[PDB]
Structure formats: structure tokens, C-alpha cells
Engineer: 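Before my questions: this is remdesivir triphosphate bound to RNA-directed RNA polymerase.
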Amino acid sequence: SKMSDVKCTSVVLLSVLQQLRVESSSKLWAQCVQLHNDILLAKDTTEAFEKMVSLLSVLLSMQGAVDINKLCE
Amino acid sequence: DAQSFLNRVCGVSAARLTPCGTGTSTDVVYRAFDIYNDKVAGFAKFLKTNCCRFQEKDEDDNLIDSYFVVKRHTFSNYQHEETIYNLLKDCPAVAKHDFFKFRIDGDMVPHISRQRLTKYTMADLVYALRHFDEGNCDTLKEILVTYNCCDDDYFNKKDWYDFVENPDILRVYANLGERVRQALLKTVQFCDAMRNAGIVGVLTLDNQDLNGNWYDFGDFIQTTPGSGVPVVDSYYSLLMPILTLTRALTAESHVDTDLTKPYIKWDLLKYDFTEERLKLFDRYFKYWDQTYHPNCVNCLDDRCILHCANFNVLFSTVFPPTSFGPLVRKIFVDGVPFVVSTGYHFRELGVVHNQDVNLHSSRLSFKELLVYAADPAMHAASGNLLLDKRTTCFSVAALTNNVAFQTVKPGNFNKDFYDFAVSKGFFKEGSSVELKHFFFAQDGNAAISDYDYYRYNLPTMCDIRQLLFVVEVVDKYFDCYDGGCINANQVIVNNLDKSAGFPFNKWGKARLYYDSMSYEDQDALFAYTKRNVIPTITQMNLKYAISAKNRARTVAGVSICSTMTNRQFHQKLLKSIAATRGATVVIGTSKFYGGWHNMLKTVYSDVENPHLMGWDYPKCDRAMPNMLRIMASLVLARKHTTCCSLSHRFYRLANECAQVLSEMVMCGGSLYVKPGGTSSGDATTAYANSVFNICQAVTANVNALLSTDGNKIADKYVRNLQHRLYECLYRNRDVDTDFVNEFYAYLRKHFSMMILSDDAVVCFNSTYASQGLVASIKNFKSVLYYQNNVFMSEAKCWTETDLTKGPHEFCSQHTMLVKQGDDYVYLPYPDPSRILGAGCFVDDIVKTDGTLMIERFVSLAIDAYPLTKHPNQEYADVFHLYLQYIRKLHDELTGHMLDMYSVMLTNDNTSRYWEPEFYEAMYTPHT
Amino acid sequence: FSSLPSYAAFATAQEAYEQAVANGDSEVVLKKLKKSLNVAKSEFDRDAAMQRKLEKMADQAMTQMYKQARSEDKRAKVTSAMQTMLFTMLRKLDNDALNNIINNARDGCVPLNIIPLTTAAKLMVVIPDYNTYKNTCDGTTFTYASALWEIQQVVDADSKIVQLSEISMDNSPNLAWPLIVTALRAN
Amino acid sequence: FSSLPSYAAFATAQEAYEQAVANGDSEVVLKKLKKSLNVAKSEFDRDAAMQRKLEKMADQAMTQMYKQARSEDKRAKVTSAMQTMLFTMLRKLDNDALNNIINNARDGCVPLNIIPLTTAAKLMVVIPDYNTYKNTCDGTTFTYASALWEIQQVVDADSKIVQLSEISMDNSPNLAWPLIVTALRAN
RNA sequence: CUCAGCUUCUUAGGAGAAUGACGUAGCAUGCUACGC
RNA sequence: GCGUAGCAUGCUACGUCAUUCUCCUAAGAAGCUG
Ligand SMILES: N#C[C@@]1(c2ccc3c(N)ncnn23)O[C@H](COP(=O)(O)OP(=O)(O)OP(=O)(O)O)[C@@H](O)[C@H]1O
Ligand SMILES: [Mg+2]
Ligand SMILES: [Zn+2]
Ligand SMILES: [Zn+2]
């Protein structure tokens, strides 16, 4: 069940980004939404995980928006 | 004998010819024909074996597109054609005939050699663009290639024929425009020639070579000079849709009509193009006998508005797009000058002028303020110009100062439900049930993109002598219901807390405008709209809904001054449609309580060899032609035979077209102009789409019945039905009520229909459809191609064969024959992916909890119950999932309530929701 | 509810029944007292029904009156708001240019679409991609609607001002399209 | 609901009824006890209807208060709930690329742009300390997001392009962190 | 953040039907007192 | 044998309380379909 667990993590990740006010960046939001829609439309799994990596990199690009240390513990 | 005959054929013209015949023998080929004689009728494709055809060669030994045809016929027709040609010689729009006699064995056989023709007559072009089949369209590829309209390899593209995939096909067709315009001019010249020469005869499409030169004079009876009667009802009417598919009149936009010279600069202040419309009509459709009123305001009935509007939808593609839309005027109200709309200039209905214009008014009551604040004159005249290059639709003004970009949220997630599902063996790797319906997010400019999707709506001219009969047949499908104008106090509006378009949404919901106006004023506004046009600003909103594809559906919220009066106009008929059972339009018939088995067994109404079919229109509202929506609004407004006069009904039609068809769409802080197509937010949308769908189906039936040969119909009732249908279309100007009823009975007995907006299920007779005596999937693809301008792929068409399984899909709900109470009934089950998506992905964040949203999983399980007997087990466990999850929700709710506030809930009413009996009671015919 | 004349009669009958029951166990006294109590109970129930009906009717009337008063207040408020909007947009349109274009109209009616096209002193061109900027409104002055417009501001999709020199094909991706460029009417 | 005073009557009269049915004294006593039991039953029935209606009202009030409170709590606590859910799902996903990128970003090795997925494209990733540089970077190769990237120009915090040979073991303290390494995919 | 249809659930109100209980009026029958 | 009152049984009408059920007006939460 490793595939259909990425199509949901991408939904949750884009919801998280949309709460960090990434909508303001009209190009960053376009890239995020394109990655989201491409993950949700992903027959394969390697492509889904690569686009998930890119979207998570968008999330981690923000310096202090999300405290990775407090959460990964 | 070959050279002696060929040498004679290549006479004084001094031409070099290659013979296509074997030994100077007749050539047999497939060719379209608009034939109507004592035996057969119909615009079909026949064999032609009466002529021997040679092809000319230019210099360098290359076959030029010019043919010497040689008809062979008895002495009588030869002598009757010699006179009629020598009497039409001086006309320049007539192929240069050449008459002679030849000896074969021992007797003379006259030959009528038509010279310098072309391979494909006009009928072939019309048929190819009119009866289009993807599998075998070789009379269209050859026509396009041989006339420089594209390259021989342009047809290697993925979808070279799809108006939706590649909109470049429009340009390839438009490259044929000049040839069609020259054909129109040459047929006008020929009609004038035969009128001045006193020849009376029928003009058929299949006699005009694609250049334009008419070449057949067989049945041309002669009379005194100056008394010719060219019958052009079956020519100018079969050539209608091709006249705007190929934009034949584009070359009328240039000075002196020359293509090379620049566009004619129409002065922007001009709005009354009546003189230009009349001049164009008298230049091209000179001998179209029926009267043409450029402004439909002075038409005669519902069947003259269609005719005049069908001509205007072609004569308005020459005039600038910046002269249509409302006409404004400065009215002084107590010394302050407004700029209010005092008319309209429709693309179809010509110029409409208000009858109640009162300059120098003193008081503005609530009704007048409502009318003025809705008109786009003030809004788009006080706004600053705007040139939006994100779309192709016209742009009027920018009400705000800077554009507003609206995004779409990605849709929340229901973690506990997904964990429960995954625990219960769901969403494994490679399972029959999987998540496929998601909440898709969109970037900033989604709304403008989905408005720009209107570029698929092209100005479509509809074959008028066929539409004026399809309208009667479609009307017979609506004769059961009753309706009329209702007073303001009989109006039923479901909920009054839904927004009121623009600009009325800036001060309250629809409740404010429905409760703040007394009934007398609410009826005075309607009586006013019945005497003048009030333009309105629609506002296009985005829809936040779960879907399997990532298009951002936009819904056209219409202003209150439009819906509030369309309701008074249409509510009676709409409720009559929604309350009638056993009719074609299944609206208001629930799928529960055995309401779907009733639908299916009403569809299977004694059709001898049923074979279900179904079609979904792609972009039903963004590609529906203006003419079809005008006709649909006419059909729903024909119940008003007593309440409203003729002019009242026309002004109601004008208001509907001003507020729905071609309006000012406020797509995100800017006023664009819709090219056309229905706004799916008005009162008559699910019922005005039903009329359009029935019109398309009936037109497919008419085309399929006519396009048959005629001698190959063994049944002698259907042959006569075809022979009478053709003459009722193109040889009758008044309604033939008895035959309309006969053909409606034929359709009901062989083409039983179940229509619901754009979702249709036909149960057509299999053998007739095989023989072409009724429609089929190809006979509907062609109709959509040449009337909707959308090629309907096989992804949106289905054709079942075993009636037991029922329709493949109707309203997204598949059907299955199942055992229930000792009898077999059809239960509708959804796509399990849709139910699981509605469970996992939810619109709001408060709904994610579930523990306080148990009245949602009950309503999902109600729709998901039928799956509980699907043969597959993963399909059938998506209902036990919901039952067990509802049980879990109830347990958790009881625990949480006990913890927070010690109150054990009263059970014995909440235990029904996790037992199948309650849900199984929802699909039994007791209620 | 100790109200209405019926309750007084009911109380008197109940007291008489209670007093006479001890004095008379059965027979004429008990029968008469029971009949009196029964008729008093019937009358009291009748009066209670009449009350619970008239009071309900009065409450429904009062709530209807409140609803009507609030409806009239909202009617007045929305009428004032619409009138103020009309007088704001009526005092904003270009009276000079608009009156000039209307004056030279034949019947006095001019199509709406040519009111802003020829009398609006501003143009908000939305550009989706750079090529469109290059081929439609290049430079600090362009020409639209047969009028010479001069640029005054070029904001991006983030509503952040973008300088004219910043826009170039090399530096096109770094921007946030579409670009909303506002231009005035330079005669 | 046998917890209200009326029920007591239901007992007493009923008790008497019991004593009557065994006794069977006469039909007049039977009628008297039937009347008493009927009046007591009507009183208890009215009381029980009132009690059940009041209990239903109280249950509705409780189940409205609970729903409102839970909705308010869930709406207010959504900024952090979403992130906790996201990282729970990511750590349960157990993918090498996501795990490696998250672990690197844990200790300040965040990327300055979206990690590209094409054949070769720019990626600027910061490096706080020499330990991370040793862990992921080596010569011209860079190991981030489980893919080899070609080091091009390690840019110091002062925008001073530092030669790779400078960064080695105990020479780091002289150089002022944090570096900004650029890299391109090497597939 | 539109038009229309359908369905589930909760409360308020109105009408009707059935059952139980109380009360008033009227009628059929049985018995004691006063009457003839 | 008949009448008045009283008691007992039965029936008709009317007025209340309660339970259940059906339908219909309205308000609220929710789902699905075009
Ligand atoms: N009535 C109605 C409507 C419709 C749909 C959704 C709504 C709505 N929320 N309000 C009002 N109307 N409405 O139904 C038609 C068809 O809907 P379908 O979902 O099949 O969409 P297409 O066929 O356009 O798209 P494709 O088939 O390419 O996926 C529309 O055009 C419109 O008129
Ligand atoms: Mg469709
Ligand atoms: Zn007319
Ligand atoms: Zn009417």
C-alpha cells in the first residue's frame, strides 16, 4: 500500500504549505500546485515519490516556518 | 474507338486528357446526392453510373484539378438540355457544356460533355462536413488537400479533426471560405440568369461543382422570360452549417470585399446595421423566398424568430464585436445625468429597443434602483479600460483598480478514516478499488482559465429547414406538461440564503432582495421586463468540489433581477417537468424507493430489439450554440399561449438572451463578454439542457433516416416515412401536425429516450439502427460535429447489448440487476472510488473530526449500499467499511460525551445506522 | 395558572368538594360535588385552551411584526447603499469625453463596449507571458484603441511593483506572471 | 421513569388493585379501584411525558454544546495539527529520499530552491558546519536527496567563492560559515 | 461561493387515524324509593 | 305495565390528557446528481 499513501501525504503537505502563506508567492504556489496535481495524477510510484521529494523540499526551503527539530523527534 | 471518342471530347477547348474510363465506358463511384423524386428522397450517398469522366493535364504532364465529364442519355433529355443550355449560355456561372453525337456499333448515342468541372461537387463537401465519420473520411481529406487548405501530411497529427484538442482545424476549414463564398455568388448569378431567361427548376447541391459552375439542366421546365422560380430551399438550407464552419463570409469584412485589402473601419458609434444585414441577404441569399427581418422584434411567431436569428448569427460575424452589447443613453433623473441601457444589439435577434424610456424622471423607487444597479452601463462606463491578454473573449472594463487572483485550496484530509480503511485491508497494491477522486488545487489564474474555456463556443449557423422541424418534434416531447406565467406570490424558491450575483452581493444575500420588495413591486419588475430589455452582470464563481479531473468548474451566479423574473416566467413549467413520471425528461424522479427500476422499465417501452446507448456532451454549456439555446428558450416559452402576447414573449426571450446567452461576465474583478452558450446558473439550465439534448437526438434521427439510400429500405412504411419527412423538411413551409405526430410516434416506438440535462440513455431498436432507419452513435457524432462544433470521442459514448445489465452509466451511477424480494430489480451503485474519496477527503476541517459528523457517513452509506451485492468483494466491502466506521464513530462519541459531560445518550434510534436493514429499506418500492 | 374567572369557580368547587367529602362520604352530597368539580374542570380546560391559543396567536403576530420592521429597515438600508453607489459611479465617469462621444451619436444611443474604449483614461493590460509583453506593449509608451498610452506602473501577480527595465527575456522567469501594467491616456 | 412522585400513586393504587384481584370482593370495588388506577395512570403518564421531553431537551443541549466546543477546538488547533500529521505520515512512509532530505534539513542543511527533477538543473543548498559537509559532500560529488550532484561553486556566506581545497578538516574555523553549495543533477 | 432535482437526520407547528384514561350531554336494557 | 330520581351494563355525540402512526407547513445540519 506504498502508492496510495503518497497521494494523501501530498494532500496534507500542500495543505500545510497553504497554511504557511505560500499562496502569496504566485510562482511558488504555481509550482507547488503543479507538483500536487501531478502526484495525484500519478499512475507510477517513482514519479510520485520524486514529486513528493520536490514538494517537501519546497516545505523545507522555508527557514523557520516549520520547526523540523521539534517535530521529527 | 477510344481515341476517336477521346479526340471528340477534347474539342475546341484544345485540352490534353487522360481517361479514367476503361474503354469509353460509364464510371461508377460513390457521390452524395440531394435527390427527391417519385421513388425516393433524402440527402444520401448513391452510386453514380451515367457518365464517363476524363481528367485534364496541364503543361509538364501533371493532372490538373479539372474534369471533362460526359453524360450519356436518350435523345429526349439531350434535346431538352440543348435548349435549356443554349438559353443559359450567356451566364458566366454555368459550366461550358458541349453536345454531340457518337457512333458505337450501329446507332447514334448523344453525349452531353460537361467541360472544366471539378472532381467533387458541392454536395460532396457538404456531406463530408455534415456526415462526418472518423473511420472513413476520404472525401474530406481529398477536398482539403486538393484546394491548398492544408498539407497532405497534416492528417498524421494525433487528432486532426477535433475542435477541442487542436483548434487549428478551424483555420484549415476556414481556408475553404472563399470557395464557398464564390459558390454562393455564382449560384446567385445562376438564379438571376434563369429568372431573366424564364426557366423554372430546382437547385440541388450535387449539381454545383466546387468552383461554382452549375452543370445539370435535366428537370428545368421553361416558362416565359422574367418568370423563373429557382427552388433554393433544399440548397441554401443544406449549405447552412458549412457556411459558418468554413467562415464563408469572412471576406465581407474587407473594403470592396477583396481579401487582400485591409479591414473596413466601421465607425465605432454605429449600432444599427439593418442596412448592411439587408444588403448582405439580398447579395447572397437573394432568392430565399421567406421574408427576412433583420431585427427580430418584428417577427411573426416562434418559427420566424428562429429563421431570422439563424440568418443573423451568420450576418453578425462580419460586423465588429465592439458594436454589439447594450446600447446606453443619458437619461436625466432630477437633473443628474445617468448612463442607462435603453436597448440591446443582440448578435442574433438584431436590435431591440426598450418601450419604457422616461428621461427627466424625479423619484427612483426600489424597482428602478434595482434595474439601474444591475445594468452594466454604469459599471463598465465608470470603469477603466482593460486589455486582458490571458483570454480570447472580449473585455469591457476593470471595475476595480487591480486584478484579483483566486486560488483553490487543496482539500482537507480525514486521517482517522483513512487509517481505519487501511487497517481493514483497503488501498492495497493492485486492488479493484482505489482512491481516484481527489480535491485538486489550482494556481492563481484558474478562474480566468476556466472562463477562457469559452473559446470552444463558435458562431454556428443551424440548417433552418431542419431545425424548424426538429423544434416541432422536440415540442411533442414537452406536450405532456403545462405551464404559464405565475404571479409573484406563487413562486417557490428553495433557499433564500444564496448569493445574488453582481453587484447585489455587496449588500446581502437573495433573502434581502426577496423580502425587501413587496409582491406588487416584485410583479411590476416582471411586467417591466416583459416590455424592455435589462442587461445584467453575471459573476463566474469557482466550485470547490471533489472530482477525478483537475478542471476548475466555474458556475455562473446570475444577478437577482434575472433569476427573480425567470422564476415567475418558468416556475410553473419547471415544476410540471419535475413532477411528471414516465416522461422522457426524468427530472424529479428519485433513484431511491425503486425509482430507478421504474426509470429503466419505462425506458424499455416495447422496443423490439433494444440496444441501449448513451452519450455525454463534452463541455455541454461551453459549446452549446447560440441558436440551440435560443430554440430551447422558445420551446419552454411556448406554454404561454394566453398569459403573454407575442411581443411580451419576444421581450422575455430578449431578456433571457441578454442575461444568459451573451452577457457581461464579471470573472474576477473585470467585465468580459461571453461569446455565447448557456450560463449554468440561471433558472432554466437543467431543463434548457434537456431540450437541447432532445433536439440533438431528434436531429440525429432525422439525419440517419434521410441519409439512407431509399431503394434499399425493404420496409415500405419507412420508405414512405422518409419520402414524407424530406418533403416536410424542405418542401413545406407550414407545420404538418399529423406528420409531426406520426414521426414522434415512430421515435417513441423505435428510439425510446431517457434524458436528464446532458445525460441521455436511448434504448433504440437494434435492427433499424443497423439498417440506418434510426440514429446510432456515428449518426450522433456527426450531428455534434456539424451543430455543436465538438467531436464526441468514444470515451463519452457507450453502447450496451445485454439489457439485463442495464445502462453502462447514467448520472455517474452504474446499474446492476439484483435479487430483492423474489423479483429482480435494477439497483444503481456509484463508483467505489468516489465513495472512498468522499470519505477520506473532505471540504472543511471541522468535518474531518467525524465524531460530530455522523449524519454524513449515514448519507454516504445510503448511496454506497447497492455495492453490498456487487459480484466483486472489494466493491462490496466499501459498504461494510462505512457501517463499521459509523459504529466506531458512535462508540467514540458516547465515550467522549461521557468523559466531558456525564450523559449516556439515548440509544435504540442510533442503532439503525450500523445495520443494513435501514439502508436496504431505501431501495424498496414501498414508498 | 390562577387567572380568568374560570379558575375562581374551579377553586371554589374544589374547596367545596374537599369540605363536603368528609361530611358526606357518598350519595347526594358526593354526587353533586363530583358533578360541580367535573363541570368546573371542563370550564377551566376550555379557558386554558382559549388562552394557550390567543397567547400563541399574539406571539406569532408580534414576531411577524418584528420581522416586517427589520425587513423594512433592510430595504431602506440597501436602497440607500445602492443610491450611494450610483452617485459614486455617476460622479466618476468622464463627463467631458463621454458627453463628447454621445453628442456626435446619431440617435443618442452608443454601444456600451465603446464607452470605456474611447473615454477611459486608464488601461490595465494583463500579460500572461513575456512574448506577449514584447509584442503588445513594449517600451514606456504603446498604442491601443488607436490611442497612445504611456506606462505608469507594472505590478506582478504578487502585487509587487516591477520596474520597466527589470523585464527582459533573460530575467523573464524570475518574475511572477501575469503582469498587470497600468497605462494612462497620453492624448 | 419510576423516579417521580406520580409513580408512587401508580404503586399504591396498583397495590390495592392486586389485593383486589385475589380478593374479588365485588364489582363495585373493582370499578372504584379501576377509576383510581386510571386517574393515577393518567397523572403518571403526563409526568413521564414531561420527564422524557425534558430529558430529550437536555440531551439536545448537551450534544449541541459538545459539538460547538469540539468544532471550536479543532478549528483553533489546526496550524500545528496539520504539521504533526504531515510528519507522522512522512516518517511512516519510510522512503530513502524523503528520510534523507528531512534528516539533512534537521541540522540546518536546508535547500535554497526546489530540488530539481530534470536531467541537470541548479540547486543551492546551505551547509552550516563542516560535519555536514563531510557527511554529504565529497570532492565534486554531493549526496543530497539520494542523488549525486556535481559541485560547481561553494559560495561562502560573504559571497566569496571558496576553492574546494580550502575546506578540509581543521581549516574550517578560519572560514566563516554557513556555505551555500550549488549543484546539478548527475544521472 | 449559482440554477434544479433527490435523499438522510434533528426540532417547532397544523391536520387526520388508532389505542388507553377522565369528564359532560343524549339514547338502549337491569334493579330499589316516590308515583299512578 | 308506564313515568321521575338514584345505582349497574351497553351505545351515540362532544370536551380534555397521553402514546403510536401517517400526511403537510416551516426552520436547522448533511449527502449525492446534472
Ligand atoms: N445543469 C447543468 C450543468 C451543471 C453541472 C454542474 C452544475 C452546477 N453546479 N450548477 C448548475 N449546473 N451545473 O450540467 C452540464 C454538464 O455537467 P457535466 O458534469 O457533464 O460537465 P460537462 O459535460 O460540461 O464536462 P465534461 O463532460 O467534459 O466532464 C453543465 O454544462 C451545466 O449546464
Ligand atoms: Mg457531459
Ligand atoms: Zn422575421
Ligand atoms: Zn408567459
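First the proteins, then the strands, lettered A, B, ... as listed; each starts at 1. When a ligand or atom number is given, it counts from 1 through the structure's own listing order. The figures here come from the full heavy-atom set of this structure, side chains too, leaving out hydrogens, waters and symmetry mates.
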Engineer: Can you help me spot every copy of remdesivir triphosphate here?
Structural biologist: ligand 1
Engineer: What chains, other than any belonging to the drug, come within less than 4.0 Å of remdesivir triphosphate (ligand 1), counting only non-hydrogen atoms?
Structural biologist: B, E, F
Engineer: What residues contact remdesivir triphosphate (ligand 1) if the heavy-atom distance limit is 4.0 Å?
Structural biologist: B/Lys543, B/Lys549, B/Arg553, B/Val555, B/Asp616, B/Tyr617, B/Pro618, B/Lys619, B/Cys620, B/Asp621, B/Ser680, B/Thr685, B/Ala686, B/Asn689, B/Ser757, B/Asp758, B/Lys796, E/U2, E/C3, F/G34
Engineer: Among the UniProt domains of chain B, which one holds most residues within contact distance of remdesivir triphosphate (ligand 1)?
Structural biologist: Nsp12 RNA-dependent RNA polymerase
Engineer: Which residues listed in UniProt as Mn(2+) binding sites of chain B come within 4.0 Å of remdesivir triphosphate (ligand 1) at the heavy-atom level?
Structural biologist: none
Engineer: What lies under 4.0 Å from remdesivir triphosphate (ligand 1), among the other ligands and ions?
Structural biologist: ligand 2 (magnesium ion)
Engineer: I'd love to know which UniProt active-site residue in chain B is nearest to remdesivir triphosphate (ligand 1) and how far away it is, heavy atoms only, to 1 Å.
Structural biologist: B/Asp758, 3 Å
Engineer: Can you list the UniProt Zn(2+)-binding residues of chain B with a heavy atom under 4.0 Å from remdesivir triphosphate (ligand 1)?
Structural biologist: none
Engineer: Tell me the name listed for RNA chain F in the PDB entry.
Structural biologist: Product RNA (35-MER)
